[PDB]
Trainee: 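As an example, take this structure containing actinomycin D.
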Amino acid sequence: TXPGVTXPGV
DNA sequence: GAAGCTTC
DNA sequence: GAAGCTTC
């Protein structure tokens with residue numbers, strides 16, 4: 001997830 | 001070494 | 001079913 005906690009996605 | 005899925 | 005990286 002995030003940054004932070006890619007995206008989602010990529 | 002963990003805690004955190006939504007682009008197709 | 002990848003799969004893109006960070007904040008702790």
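Below, read A as the first sequence line, B as the second, and so on, with proteins coming before strands; counting in each chain starts at 1. Non-standard residues appear under their parent amino acid or as X, and any extra atoms they carry are left out of the contact counts. Atoms considered below: every heavy atom in the structure, side chains included; atoms not considered: hydrogens, waters and symmetry mates. Technique stated in the header: X-ray crystallography, 3.0 Å.
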Trainee: Just curious, which ligands or chains go with actinomycin D?
Mentor: chain A
Trainee: Show which other chains sit less than 4.5 Å from actinomycin D, counting heavy atoms only.
Mentor: B, C
Trainee: Which name has the entry assigned to chain A?
Mentor: actinomycin D
